[PDB]
Structures are given as structure tokens and as C-alpha cells.
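Presented below is an entry in which one can find ampicillin.
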Amino acid sequence: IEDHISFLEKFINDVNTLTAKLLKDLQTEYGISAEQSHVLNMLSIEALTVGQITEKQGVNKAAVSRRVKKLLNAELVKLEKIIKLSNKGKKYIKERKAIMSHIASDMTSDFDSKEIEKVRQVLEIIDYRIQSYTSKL
Amino acid sequence: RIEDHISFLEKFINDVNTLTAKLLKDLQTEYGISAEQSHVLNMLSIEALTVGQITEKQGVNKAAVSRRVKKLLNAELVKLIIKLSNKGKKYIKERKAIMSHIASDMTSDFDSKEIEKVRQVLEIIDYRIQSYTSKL
Ligand SMILES: CC1(C)S[C@@H]2[C@H](NC(=O)[C@H](N)c3ccccc3)C(=O)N2[C@H]1C(=O)O
Ligand SMILES: CC1(C)S[C@@H]2[C@H](NC(=O)[C@H](N)c3ccccc3)C(=O)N2[C@H]1C(=O)O
């Protein structure tokens, strides 16, 4: 009833841990950090503003500022207000899926594609419910 | 075909972080710490740990992990090869209070079975994730 909340963290931790390690070279190659990486990954979803990102990421605005501009100067992300991704930046996310998806399907090769559908419905509804709530002051 | 599920997992995660980060903002303020320092306490809510450990699981900059630790010593939410404290134990309680109270309200309409079935598919995936990781 609550070690679900504890499992979630752990589970999230573990994913983070594995992803960081998995994407170690792909980042060094583009000379980016793990967060420069995320923001990048966090931007494949929607166009944000340094404010939108600091909030969404819960950290110091100052930090979010450089990580951000360091991406402009490296031509990975671009402008309009409205921070979007540059094609170089895309090739990156492409090589991110490319890696993620390979090890991802290994651990999922024997899943009841239907049992998974049901699982996603629940998570999707929880996802929807999280976004919903997230808005309110 | 499977790429779809991944995109979701990431978003679902992103949203969890956003939410937790939004819900704890004031508490991390009320005590006077940054999320960074706050994540440290949570990895200690579960157990103990030295430097190389906390520096490895998160895995971030050797120094970074160090500098936040030393700050956590001053507020005394961490005892020294690093544990929690009376004040430390207290923060988490409060942290857990909010979280659960929301997740519950946000899930207290689901079918006991539906949920568990989720936990089990997530447990096996974590199990594999971990095993794969351990292969350095
Ligand atoms: C390539 C990535 C490492 S970037 C994205 C994010 N990485 C982070 O470091 C993120 N800022 C974070 C992690 C943990 C606590 C707080 C913040 C994550 O998860 N990521 C991988 C992805 O792209 O799938
Ligand atoms: C030392 C750095 C982390 S900050 C420096 C500058 N980037 C900035 O955003 C600028 N300093 C600044 C503006 C606002 C808030 C915080 C920082 C630059 O380039 N940088 C980094 C580096 O040398 O790696």
C-alpha cells in the first residue's frame, strides 16, 4: 500500500542508474553532461522555457541557465521564446532510443503483449491523473 | 512496436519526478535543503552508505556527492559511514506523509488486482534492470 511508493522510487532509481551508464559514451561524444542530456531528453517531449524546465526539474535556476545556453552554443537546442531541439540534437535522441530499445526489448522478449496492454492502461490513467494534479497551484 | 512503450515509461517517470519535485518544494524549503540534498536523505531512509556508494548508485560527480554530504552534516540530518538522525528521520516521515496521501487518493479507486499486476510487471523489469546493471 506504500512500498509501492517505495518500489517506485527504487524502480526509478534503478532505471536512472542503468540509463546513465548506458548513455555514458553517447554523451561524452557530444561533450554533454547527464542533465544537459536529460533536458535534451526532457525536451524531446515539448518546447520549454528555462523557467518551465527549472520547475519541472526541481533545482537551481542558475544551473538550468547554463546547461541550457551550453546547448545553444553547441547547436543542440534552439529558439522560437520557446526552446526546441536542433537536428544535431535529434540525432542524439535517435541514438538514445536506438540504445534504450535494444536492451529494453531483451528484458521484454517474453512478455504477454496483452498482459502489458492492461498494465499500460493503468499507468496511463495514473499518468493522466498525475499531469492533471500537477497543474493545480 | 516496442518503442511506444518506452516513450511512455520515460514520460510516466518524468511526470513522477515533476510531481514529487513540485510537492516537496516547500518542505525542502521548510527544512532548508535542495532536492539534491533531499535525494541523499531518501537513499538513507532505506539504509546507510559511505561516499563511493552514494557516489555510485546516483553515480554523479565524485566531488558533487561529497560537497552536498558535508552540508547535510551541518544541518544534522546525517550522522557519520553516513546515516540519518532524529531530525533526519523526521523529515522523511513528513516526506512520506505527502507522497502516500496523494498516490493513495490518486489510486484509491483501482482494483486491488489491477494494481498488483502492475507492481509485478514492474518488479520483474526492475529485477532484470538490476541484473543487467550488475554486469557493469
Ligand atoms: C540520457 C539520460 C540520462 S537524460 C534523462 C534523465 N537523466 C537525468 O540525469 C535527469 N536529469 C535526472 C535523473 C535523476 C534524478 C533527477 C534528474 C533520465 O532519467 N535520463 C536519461 C534519458 O535520456 O532517458
Ligand atoms: C562554470 C560554468 C558551470 S558557468 C560558466 C558559463 N555559463 C553560464 O551559464 C554562466 N557562468 C552563468 C550564468 C548564470 C548562472 C550561472 C552561470 C560557462 O561557459 N560556464 C560553465 C563552465 O565553465 O563549465
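Labels below follow one simple rule: chain letters A, B, ... track the order of the sequence lines, proteins then strands, and each chain is numbered from 1. In each ligand, atom 1 is the first atom listed, and ligand 1 is the first ligand listed.
The chain in largest contact with ampicillin (ligand 1) bears the name, in the PDB entry, of Transcriptional regulator TcaR. At a heavy-atom cut-off of 4.0 Å, the other chains in contact with ampicillin (ligand 1) are listed as A, B. Heavy atoms under 4.0 Å from ampicillin (ligand 1) belong to A:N16, A:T19, A:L23, A:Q27, A:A34, A:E35, A:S37, A:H38, A:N41, A:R96, B:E10.
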